[PDB]
J.: 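I have a structure I would like to understand better, so I am pasting it below and will then ask my questions one at a time.
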Amino acid sequence: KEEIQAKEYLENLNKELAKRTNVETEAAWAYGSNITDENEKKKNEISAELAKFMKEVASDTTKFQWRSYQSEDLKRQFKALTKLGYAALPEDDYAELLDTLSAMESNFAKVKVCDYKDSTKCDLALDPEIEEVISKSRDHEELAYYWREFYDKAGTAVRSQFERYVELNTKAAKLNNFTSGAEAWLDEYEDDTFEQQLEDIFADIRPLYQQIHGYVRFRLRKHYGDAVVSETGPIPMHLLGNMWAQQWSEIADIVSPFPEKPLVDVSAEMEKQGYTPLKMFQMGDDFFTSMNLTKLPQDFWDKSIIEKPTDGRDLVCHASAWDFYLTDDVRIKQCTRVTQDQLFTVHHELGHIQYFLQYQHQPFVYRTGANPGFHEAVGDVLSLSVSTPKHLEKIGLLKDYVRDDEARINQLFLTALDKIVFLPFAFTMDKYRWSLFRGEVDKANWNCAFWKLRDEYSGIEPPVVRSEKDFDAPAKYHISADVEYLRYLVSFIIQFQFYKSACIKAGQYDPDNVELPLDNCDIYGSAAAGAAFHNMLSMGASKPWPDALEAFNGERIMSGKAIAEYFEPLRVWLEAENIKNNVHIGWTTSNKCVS
Ligand SMILES: *[C@@H]1O[C@H](CO)[C@@H](O[C@@H]2O[C@H](CO)[C@@H](O[C@@H]3O[C@H](CO[C@H]4O[C@H](CO)[C@@H](O)[C@H](O)[C@@H]4O)[C@@H](O)[C@H](O[C@H]4O[C@H](CO[C@@H]5O[C@H](CO)[C@@H](O)[C@H](O)[C@@H]5O)[C@@H](O)[C@H](O)[C@@H]4O)[C@@H]3O)[C@H](O)[C@H]2NC(C)=O)[C@H](O)[C@H]1NC(C)=O
Ligand SMILES: NCCCC[C@H](N[C@@H](CCc1ccccc1)C(=O)O)C(=O)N1CCC[C@H]1C(=O)O
Ligand SMILES: *[C@@H]1O[C@H](CO)[C@@H](O)[C@H](O)[C@H]1NC(C)=O
Ligand SMILES: *[C@@H]1O[C@H](CO)[C@@H](O)[C@H](O)[C@H]1NC(C)=O
Ligand SMILES: [Zn+2]
């Protein structure tokens with residue numbers, strides 16, 4: 001009979017937590033939109049106040065015999081409340097951690113480098129100045145300059161802060177009785193075999209990655225020459241069109257299977273048609289509403305930041321989506337540019353927004369993703385259909401396109417340069433941090449431990465020799481900003497499970513029909529695919545994630561079958577092409593990190 005009282009306790013507590021988290025989120029928004037010493041102080045002081053309340057909440061849960069309850073729902077809510085995270089730390093330790101975290105994120109956001117050609121102009125930021133060069137320049141010495149300048153300033157400058165962060169993250173995890181921060185993060189997936197599952201899936205897809213890597217290296221040798229790219233060594237990462245070599249789509253024009261056949265790049269047509277950031281977001285909104293999903297509320301349009309501010313202010317430009325835990329107060333902060341890549345980013349971020357809107361009726365503790373990978377997958381499912389020649393022709397961004405066998409391979413390869421290449425990258429981000437959290441790497445070996453993983457899994461390496469005098473991991477946003485990365489590995493796998501099922505539901509994919517291939521499916525306008533999204537997303541975290549997956553397509557298991565199915569036509573072509581051209585596969589151990 002205690003359950004009746006507990007039910008009323010939770011109902012009230014959830015609403016209180018939403019209200020208190022609203023205040024924290026507003027402060028965090030203000031700081032991210034506007035980096036100042038005063039906003040930093042405000043963000044961290046509100047966080048400390050919320051942490052103190054959570055601690056009292058965790059303490060109060062012991063007054064309830066919640067493990068004895070009949071209701072799985074009540075038990076699930078109470079269990080969520082016992083998990084404190086960083087809030088478990090002593091008052092002083094939590095304050096220090098907050099200061100360390102803001103030091104790292106603000107350092108990242110304030111990085112400025114000098115122009116390669118003009119050592120007087122020193123106001124080039126990553127977004128958009130440096131990223132523009134990395135994506136567009138084919139001058140290998142220019143690329144190497146910007147790589148070194150950025151990593152030195154975004155990575156190395158923050159080593160001592162990162163070290164204290166690891167220490168306090170570990171202390172926090174242990175106060176929650178996890179072994180380390182690795183176990184704390186993994187707890188979000190509610191499955192004690194989750195690591196092994198991902199190792200198994202990765203092993204199945206790894207051979208395809210090896211083939212893509214080999215072919216790209218072959219093509220880069222033809223472009224840059226053997227003085228710059230070896231046949232048998234790891235690929236110099238500054239040549240891959242991305243600061244972290246996480247996705248290689250930006251160099252597709254020089255590595256495309258059939259260069260005389262069409263390669264989709266709609267950036268120029270977007271500009272020609274007078275596209276704006278506003279129009280891009282309106283188009284994303286249109287896609288969701290077309291599937292009978294929820295329209296963006298007025299607060300979104302009023303309060304979002306969709307262009308980089310033109311005043312002198314510092315801010316976090318790294319695109320993000322925000323839930324304020326009231327009703328319909330959801331926002332995006334994106335330094336939007338008019339490019340194809342940015343159009344996908346718009347859809348990714350709007351996927352988060354849709355999830356927020358779908359579960360906003362749930363009790364506070366359930367107002368989050370089924371697991372962190374689910375949140376990341378939503379927007380990418382739409383991006384997959386947006387990226388198709390089918391959809392791009394509908395919106396008039398792709399003209400005079402003939403979709404023959406060769407054009408199809410180009411498009412599949414372009415997609416793989418984003419989707420397959422990313423898998424080892426994503427895995428290494430957390431394998432690295434897990435190894436630090438678990439105390440498996442001595443402090444003397446922290447930098448080369450990072451590059452060892454990037455070599456082992458991705459077969460890439462720095463453009464210049466690094467050592468333990470450098471510290472390169474925090475040069476990636478999520479590492480400086482303490483954002484778990486496994487969510488993205490999970491997302492890139494399960495988004496294909498979602499995409500395939502949504503395509504089947506939309507009547508857009510049949511494995512026995514040549515006219516309905518998975519790689520040209522467009523789910524625009526499909527209420528049937530939208531219904532599946534509604535069924536899943538409306539659950540939030542009310543049930544363990546296999547139940548959320550089951551609500552979508554009746555499946556309960558994370559599987560690499562769907563991603564492999566999507567790329568199967570590419571795998572067949574590429575294996576044969578690599579044999580035809582005697583392409584070397586695999587790589588020697590890198591010499592670019594001195595121990
Ligand atoms: C992470 O793991 C930690 C363990 O490694 C864990 O820390 C333990 O939490 C326990 C609370 O659950 C706590 O147990 C209490 O111990 C008290 C005395 O211990 C002190 O002296 C010891 C010397 O012998 C030292 O070793 C300790 O460090 C302590 O200083 C007891 O006084 C206390 O008892 C009371 O509470 C129980 C409540 O239990 C329930 O009560 C209800 C009543 O409604 C029953 O129906 C139910 O069946 C159940 O019994 C009462 O039973 C009892 O009458 C007393 O009122 C209690 O046993 C322990 O001290 C603590 N540390 C260690 C080292 O064990 C953390 O909590 C974990 N953290 C998280 C977040 O989970
Ligand atoms: N040109 C970059 C746009 C970035 C878009 C996206 N941003 C992240 C931001 C995450 C975040 C967590 C906590 C606080 C603040 C922000 C996202 O998942 O939206 C992202 O990082 N993504 C999208 C998938 C891959 C991953 C990346 O790029 O590494
Ligand atoms: C940023 O914050 C400062 C104080 O920290 C405030 O005075 C200023 O108005 C803010 N800038 C913008 C553009 O909102
Ligand atoms: C739109 O969604 C509602 C429920 O949210 C559903 O009942 C209805 O069938 C959907 N519209 C169409 C045309 O399917
Ligand atoms: Zn995301």
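Count residues from 1 along the sequence. Note that ligands are numbered from 1 as they come in the structure, with each ligand's atoms numbered from 1 the same way. Determined by X-ray crystallography, 2.0 Å, according to the entry header.
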J.: Just wondering what drug sits at ligand 2.
T.: lisinopril
J.: What name does UniProt give to the macromolecule most in contact with lisinopril?
T.: Angiotensin-converting enzyme
J.: Nearest non-hydrogen contact with atom 17 (C) of lisinopril belongs to which option: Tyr488, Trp322, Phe422?
T.: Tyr488
J.: Is lisinopril close to any UniProt-listed Zn(2+)-binding residue of chain A, that is, with a heavy atom under 4.0 Å, and which ones?
T.: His348, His352, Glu376
J.: Would you mind listing which atoms of lisinopril come within a distance below 4.0 Å of any non-hydrogen atom of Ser320?
T.: 16 (C)
J.: Using a 4.0 Å heavy-atom cut-off, say whether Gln342 meets lisinopril through its side chain, its backbone, both or neither.
T.: neither
J.: Please could you name the atoms of lisinopril that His352 approaches to less than 4.0 Å, counting only its heavy atoms?
T.: 17 (C), 18 (O), 19 (O)
J.: Atoms of lisinopril less than 4.0 Å from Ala319 heavy atoms?
T.: 7 (N), 8 (C), 9 (C), 19 (O)
J.: Give a yes/no verdict on whether any heavy atom in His478 is under 4.0 Å from an atom of lisinopril.
T.: yes
J.: Quick check on contacts: which atoms of lisinopril are under 4.0 angstrom from a heavy atom of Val483?
T.: 12 (C), 13 (C)
J.: Using a 4.0 Å heavy-atom cut-off, say whether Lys476 meets lisinopril through its side chain, its backbone, both or neither.
T.: side chain
J.: Using a 4.0 Å heavy-atom cut-off, which part of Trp244 comes near lisinopril: side chain, backbone, both, or neither?
T.: neither
J.: Most of the contacts with lisinopril on chain A come from which UniProt domain?
T.: Peptidase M2
J.: Could an N or O of lisinopril be found under 3.5 Å from any N or O of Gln246, whether backbone or side chain?
T.: yes
J.: Need the lisinopril atom indices (1-based, order shown) with element for anything under 4.0 Å from a heavy-atom of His318.
T.: 4 (C), 6 (C), 7 (N), 8 (C), 9 (C), 20 (C), 21 (O)
J.: Give yes if a backbone or side-chain nitrogen or oxygen of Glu349 is under 3.5 Å from a nitrogen or oxygen of lisinopril, and no if not.
T.: yes
J.: Pick, from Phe492, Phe425, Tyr485, the option with the minimum heavy-atom distance to atom 26 (C) of lisinopril.
T.: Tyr485
J.: Just wondering, does anything else, ligand or ion, come under 4.0 Å from lisinopril?
T.: ligand 5 (zinc ion)
J.: Using a plain distance cutoff, I'd like to know if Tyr477 has any nitrogen or oxygen under 3.5 Å from a nitrogen or oxygen of lisinopril.
T.: no
J.: Per the deposit, which organism is listed for chain A?
T.: Drosophila melanogaster
J.: Heavy atoms under 4.0 Å from lisinopril: which residues of other chains qualify?
T.: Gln246, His318, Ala319, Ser320, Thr345, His348, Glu349, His352, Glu376, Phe422, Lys476, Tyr477, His478, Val483, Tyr485, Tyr488
